[PDB]
Q: 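Got a structure here, written out as structure tokens. Questions coming.
Every chain is numbered from 1 and lettered A, B, ... according to where its sequence line falls, protein lines coming before strand lines. Numbering of ligands and ligand atoms starts at 1, following listing order. Hydrogens, waters and symmetry mates play no part in the numbers below; they use all other heavy atoms, side chains included.
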2 protein chains.
Amino acid sequence: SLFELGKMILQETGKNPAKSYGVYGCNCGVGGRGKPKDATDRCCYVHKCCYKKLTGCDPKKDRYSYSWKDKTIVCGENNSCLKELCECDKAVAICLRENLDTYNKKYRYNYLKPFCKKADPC
Amino acid sequence: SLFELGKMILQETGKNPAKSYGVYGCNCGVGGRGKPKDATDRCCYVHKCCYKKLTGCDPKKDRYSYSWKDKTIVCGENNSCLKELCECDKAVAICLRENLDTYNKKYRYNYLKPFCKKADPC
Ligand SMILES: CC(=O)Oc1ccccc1C(=O)O
Ligand SMILES: CC(=O)Oc1ccccc1C(=O)O
């Protein structure tokens, strides 16, 4: 669910997850997909494509189990869809941390999200 | 379409539409519906419920016809879905104008939209 996702993002990036990514670029946070603006935004595009494949569960609402083994996020066995959901979230949390060097505060509150150019199909 | 909605909001409110309303509150702009924060947000709640009842046309992309008779927006009935769509947009532009006295800049970039309390059924 968004709660586990937020926790992973807070721990990997050190940033306030909703403030920093909740409306960022054409793909992060609320809304849908669009042509990515930068490397952070591409992380978020890959994540929304990941959610789009999960028909067996609800990515926004469904809880799942995961733990930390030293510095590694480990997704618990769950059921098939919930395990894949956890892997989507783990992957984007790591991606956002690795791309902090090009995070652009100008893109943080993108009130033009509905006018983004059309994204490539997932 | 959102192009015409934008033009209606700019002329009725005098404000930059996407900047001032594109992420405002729990109901305005990108995303879905949520428990409304204030009178401006309730305008947007009514509008999203208005879009939901339309069938047979696309409220974000489909262009409709309208004109100005002095100060009055007049929807030309293209077909019945498109007339209703125009009437949804006219109503919200007038509503936002009448509530400028209560517009709160603090709600303008609501990065917590996904966490809004679930809206009542339309
Ligand atoms: C905007 C936000 O904080 O939510 C999301 C995060 C990841 C994927 C989807 C969403 C959403 O709100 O739709
Ligand atoms: C989000 C924004 O600026 O667009 C909208 C306006 C009214 C209704 C819906 C939308 C949308 O993007 O979904």
Q: What is the name of the drug located at ligand 2?
A: acetylsalicylic acid
Q: Which macromolecule in this structure makes the most heavy-atom contacts with acetylsalicylic acid (ligand 2), going by the name the PDB entry uses?
A: Basic phospholipase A2 homolog 2
Q: Help me out: which other chains have any heavy atom nearer than 4.0 Å to acetylsalicylic acid (ligand 2)?
A: A, B
Q: Among all protein non-hydrogen atoms, which one is nearest to atom 5 (C) of acetylsalicylic acid (ligand 2), and what is the separation to 0.1 Å?
A: B:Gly29 O, 3.6 Å
Q: Could you find the nearest protein heavy atom to atom 1 (C) of acetylsalicylic acid (ligand 2) and give me its residue, atom name and distance?
A: B:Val30 N, 2.3 Å
Q: List the closest protein heavy-atom neighbour of atom 6 (C) of acetylsalicylic acid (ligand 2): residue, atom name, distance to the nearest 0.1 Å.
A: B:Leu2 CD2, 3.7 Å
Q: Which residue holds the protein heavy atom closest to atom 8 (C) of acetylsalicylic acid (ligand 2), what is that atom called, and what is the gap in Å?
A: B:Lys48 CE, 3.7 Å
Q: What protein heavy atom lies closest to atom 13 (O) of acetylsalicylic acid (ligand 2)? Include the residue and the distance to one decimal.
A: B:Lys60 NZ, 3.1 Å
Q: Starting from atom 3 (O) of acetylsalicylic acid (ligand 2), which protein heavy atom do you reach first, and at what distance in Å?
A: A:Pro114 CG, 3.6 Å
Q: Compute the minimum heavy-atom distance from A:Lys113 to acetylsalicylic acid (ligand 2) and say whether it is under 4.0 Å.
A: no
Q: Decide whether an N or O pair under 3.5 Å exists between B:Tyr51 and acetylsalicylic acid (ligand 2).
A: no
Q: Just need the protein heavy atom nearest to atom 7 (C) of acetylsalicylic acid (ligand 2), so name the residue and atom and give the distance.
A: B:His47 CE1, 3.8 Å
Q: Which residues of the other chains approach acetylsalicylic acid (ligand 2) to under 4.0 Å (heavy-atom distance)?
A: A:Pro114, B:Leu2, B:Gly29, B:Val30, B:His47, B:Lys48, B:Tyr51, B:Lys60
